[PDB]
**Q** 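Consider the following structure, which includes spectinomycin.
What you see of chain A is 4-332, where the numbers are those given in the PDB entry. Both counts, for ligands and for their atoms, begin at 1 and track the order of listing. All values below come from the heavy atoms of this structure, side chains included, with hydrogens, waters and symmetry mates left out.
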Amino acid sequence: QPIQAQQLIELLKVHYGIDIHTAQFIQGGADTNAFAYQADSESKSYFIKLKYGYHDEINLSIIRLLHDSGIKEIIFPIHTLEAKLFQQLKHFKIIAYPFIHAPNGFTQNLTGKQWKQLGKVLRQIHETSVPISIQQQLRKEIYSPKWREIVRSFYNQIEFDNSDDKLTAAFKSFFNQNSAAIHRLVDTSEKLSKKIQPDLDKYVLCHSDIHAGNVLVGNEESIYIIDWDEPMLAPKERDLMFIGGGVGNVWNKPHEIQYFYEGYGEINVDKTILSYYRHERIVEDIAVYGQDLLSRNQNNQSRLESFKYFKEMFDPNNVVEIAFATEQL
Ligand SMILES: Nc1ncnc2c1ncn2[C@@H]1O[C@H](COP(=O)(O)OP(=O)(O)O)[C@@H](O)[C@H]1O
Ligand SMILES: CN[C@@H]1[C@H](O)[C@H](NC)[C@H]2O[C@]3(O)[C@H](O[C@@H]2[C@H]1O)O[C@H](C)CC3(O)O
Ligand SMILES: [Mg+2]
Ligand code: NI
C-alpha cells in the first residue's frame, strides 16, 4: 500500500510509457518489503511488484540468464523506456511483468504431461552454466546452523505465562505437544549435515524454493516457475527435495514423482542430502514462525498465518511425516 492507484499509473506512464486506466493493490504479499498490483491498459494486464530488497538485481540476473538459455517457463519482466528490467525509484524499485491468470500448484494439479515438463525444465535450470561473475554474487550452500540454533533457543521458552495472549498460549501448547518431533527435526538436520561431504564441484543453479505455490499451472505446457528471489548454488537435491516433498499438502503422491523424473532424466540422487533439506527446510519454517509467534510484537498481523502454517506442517502426509518417512527418499 505504498502508493495509490493514480500514483502507480503515473509511475508506469513516466517510466514504462504504458497507459493504464485501472490498478488495484493485491493482498497476500510476502511481507515487509513486497507490494503487488494488477495494472490494466486498454489491451493488456500487468503484474506490478514494488520491491525493497537488495538481491533483486542479482536475481533478475538469474532469469536473464535463464531467458538467454531458452527456458520459456519463466515470466520475463517488462522493459522500462530505458531498456531496463526494473525502474529504480526514490525509495523503492518497480518490476512489471505481464499478468498470468493461471492458479498456483496449491490449487491446480499438474497433469502427467505437465509433470514431465517440470522435470525437463528443472533439469534445464540445473544444467545451466553460470558466469563466474554471477557465481560470486550468488549465495552458496554452507549448511549453516543458523536456523537449528534459533529453534533450540525456543526449547526453553515454551512455559506457561500470564502475559501471553490466547494465540501465544495456543502456540506454546501446540509446540509442547509436538516437542518430540520438533527436536527430532532439529537433531536429524544437524546429524545429517555432518554426515554430508560438501563437494562444491557438484553444486548447480538452484531455485531453492520450488514447491507447488511457486508454480503457476496454466492450460497445458503453459506452466511457470515464479518466485526467483532465493536462487543459489547448491546440490541439485536442494530442489529435488520438493518432488514428493509434500509442501502445501500436494506433491505428495508417489506416482507423480516418476512422471517428473521422466522429464528430468532418471539420475543419481543423493538420498542423504535430499533428506537433510526436507528436515532443514522445516526447521527454518519452525524458526521463522516461532520467532513471529513469540516476539509478541503488536504489529504482527502475521502471527495468525504463522501459527496456521506452523501447525499445517504436522498434518497427515504433510512435510513433517514425509521427512520422517525415510523410506520415501
Ligand atoms: N506475473 C504474474 N501474474 C499474475 N500473478 C502473479 C505473477 N507473479 C506472481 N503472481 C502471483 O503472486 C503469488 C506469489 O508470487 P511469488 O513470486 O511467490 O511472491 P512471494 O515471494 O511474495 O510469495 C503467486 O501465487 C501468484 O498468485
Ligand atoms: C521465503 N519463502 C517462503 C518462506 O520460507 C515461508 N515460510 C516462512 C514458506 O512457507 C511455506 O513453507 C511455503 O513456502 C514458503 C516460502 O516460499 O509456503 C506456504 C504458503 C507455507 C509453507 O509453510 O507451506
Ligand atoms: Mg511464492
Ligand atoms: Ni522471451
**Q** For spectinomycin, which ligands or chains should I point to, including every copy?
**A** ligand 2
**Q** For spectinomycin, which chain gives the most heavy-atom pairs within 4.5 Å, and what name does the PDB entry use for it?
**A** Spectinomycin phosphotransferase
**Q** Short check: is a protein heavy atom less than 4.0 Å from atom 1 (C) of spectinomycin?
**A** no
**Q** Within a distance under 4.0 Å of any heavy atom of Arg284, pick out the atoms of spectinomycin and give their elements.
**A** 9 (C), 11 (C), 12 (O), 13 (C), 14 (O), 15 (C), 16 (C)
**Q** Which organism of origin does this entry record for chain A?
**A** Legionella pneumophila serogroup 1
**Q** I'd like to check whether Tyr292 has a polar contact with spectinomycin, where a contact means an N/O of the residue lying under 3.5 Å from an N/O of the ligand.
**A** yes
**Q** In the protein, which heavy atom is nearest to atom 16 (C) of spectinomycin, and how far is it?
**A** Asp212 OD2, 3.4 Å
**Q** What are the atoms of spectinomycin, with element, lying closer than 4.0 Å to any heavy atom of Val291?
**A** 8 (C)
**Q** Can you pull out the closest protein heavy atom to atom 7 (N) of spectinomycin? Residue, atom name and distance to 0.1 Å, please.
**A** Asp288 OD1, 2.8 Å
**Q** Below a 4.0 angstrom heavy-atom separation, can you tell me which part of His214, side chain or backbone, both or neither, approaches spectinomycin?
**A** side chain
**Q** With a cut-off of 4.0 Å on heavy-atom distances, which residues and nucleotides contact spectinomycin?
**A** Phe109, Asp212, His214, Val250, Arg284, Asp288, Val291, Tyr292, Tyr312, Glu315
